[PDB]
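The following structure holds AT9283.
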Amino acid sequence: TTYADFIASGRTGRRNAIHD
Amino acid sequence: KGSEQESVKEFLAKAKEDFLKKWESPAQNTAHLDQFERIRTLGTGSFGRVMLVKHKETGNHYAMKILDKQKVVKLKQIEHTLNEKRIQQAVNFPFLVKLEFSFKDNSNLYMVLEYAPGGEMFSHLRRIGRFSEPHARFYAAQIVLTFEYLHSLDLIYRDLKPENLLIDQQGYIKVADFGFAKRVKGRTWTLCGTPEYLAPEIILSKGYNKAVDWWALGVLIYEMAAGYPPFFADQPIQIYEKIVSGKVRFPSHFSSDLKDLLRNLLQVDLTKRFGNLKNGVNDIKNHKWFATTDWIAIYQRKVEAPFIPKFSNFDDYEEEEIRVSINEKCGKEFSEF
Ligand SMILES: O=C(Nc1c[nH]nc1-c1nc2cc(CN3CCOCC3)ccc2[nH]1)NC1CC1
């Protein structure tokens, strides 16, 4: 499932902005 | 006509006049650090902790954002930080976090924010998994009205995401963190935002406008309703490939109304993206998915929130005292703060 792929990913915590 | 729309245009006209007086004459140096009892760290940003504080002579609680001046310079965020404070002290809207006080010392800038006991939508969203559409719609509607307000002031917000939306004691949203907000008529070029939420024209170095905020609303609605964003991967670079690919898939449980609103918000073609057309914000407000929404009732907070924060409960941090240097750092850079 897509949910399972998300939860196993590295981007489930708070996401930093990019500053270039 | 449009009796509704005429009442909108008149409210915005008065709001813009309030904003412009404050935009041209910013509040400055309205408190001092020793007036605040520092209770605990609520969270962190790029430039320092955000602290739960109590204003000593009123007993009110605030969230005090600390910004190390040298860290701001080193990240080349001086102008963005000056934008942030100048814009935030000037706006006034139910769903915007208020900048109650600001000041600086030798080491830091301080922004004393209105405190939302519920914390960040992000936390509750990840824990619960996803919001049902009526729940997501409640929040989306507040963002719709807030972007209508900000965009009428020629403000672009540029960092919509659940991390930046606070839940107040009544269950309503307050938009926090104006670090990338900018007052611009016409186009701008800064590559800034959060990868999952970047509009395609940003990734493509194309020059862009307020329409990036409407694309970002599409991401937020999707993430609230799905429990994951429409474009994700382990590396931002793979995220950007998907965003510009022109492709998006919706969970099987998205209503067809929801899918239609999101196809017009997550439109890579600027000329077809909702919010950016001839009717502007009203192609969103008058969309099917929002048919049950009483926009005025939302604004004056008459609608019952689907979720009220549990009336201790913070993530623990190691807590250290603020170190103020003996010499002023970066004084000229932040003179107007
Ligand atoms: O400006 C911010 N926050 C706030 C501005 N005004 N009010 C806040 C605020 N920030 C808060 C942070 C928490 C921490 N919780 C941890 C567990 O999950 C829920 C949040 C709780 C209540 C909070 N209220 N930035 C966020 C902390 C990094």
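Each chain is given a letter, A onward, matching its sequence line's place in the list. Residue numbering for chain A follows the PDB entry; the residues present correspond to positions 5-24, in that order. Numbers in chain B come straight from the PDB entry, and the residues shown are 8-318, 325-350, in order. These values consider heavy atoms only, across backbone and side chains, with no hydrogens, waters or symmetry-generated copies. Atoms within a ligand are numbered from 1 in the order they appear, just like the ligands themselves.
Of the chains near AT9283, the one making the most contacts is recorded in UniProt as cAMP-dependent protein kinase catalytic subunit alpha. Other chains, heavy atom under 4.0 Å from AT9283: B.
In this structure, chain B contacts AT9283 chiefly via UniProt domain Protein kinase. AT9283 has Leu173(B) within reach: a non-hydrogen atom of the residue lies less than 4.0 Å from it. Residue contact check for AT9283: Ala183(B) places no non-hydrogen atom closer than 4.0 Å to it. Residue contacts with AT9283: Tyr122(B) is placed with no nitrogen or oxygen under 3.5 Å of a nitrogen or oxygen of the ligand (distance criterion only).
Protein heavy atoms are absent from the space less than 4.0 angstrom from atom 15 (N) of AT9283. Residue contacts with AT9283 do not include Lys72(B), since none of its heavy atoms lies under 4.0 Å from the ligand. Per the PDB, the organism of origin for chain B is Homo sapiens. Taking every heavy atom under 4.0 Å from AT9283, one finds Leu49(B), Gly50(B), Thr51(B), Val57(B), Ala70(B), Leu120(B), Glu121(B), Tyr122(B), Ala123(B), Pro124(B), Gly126(B), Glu127(B), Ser130(B), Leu173(B), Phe327(B), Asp328(B).
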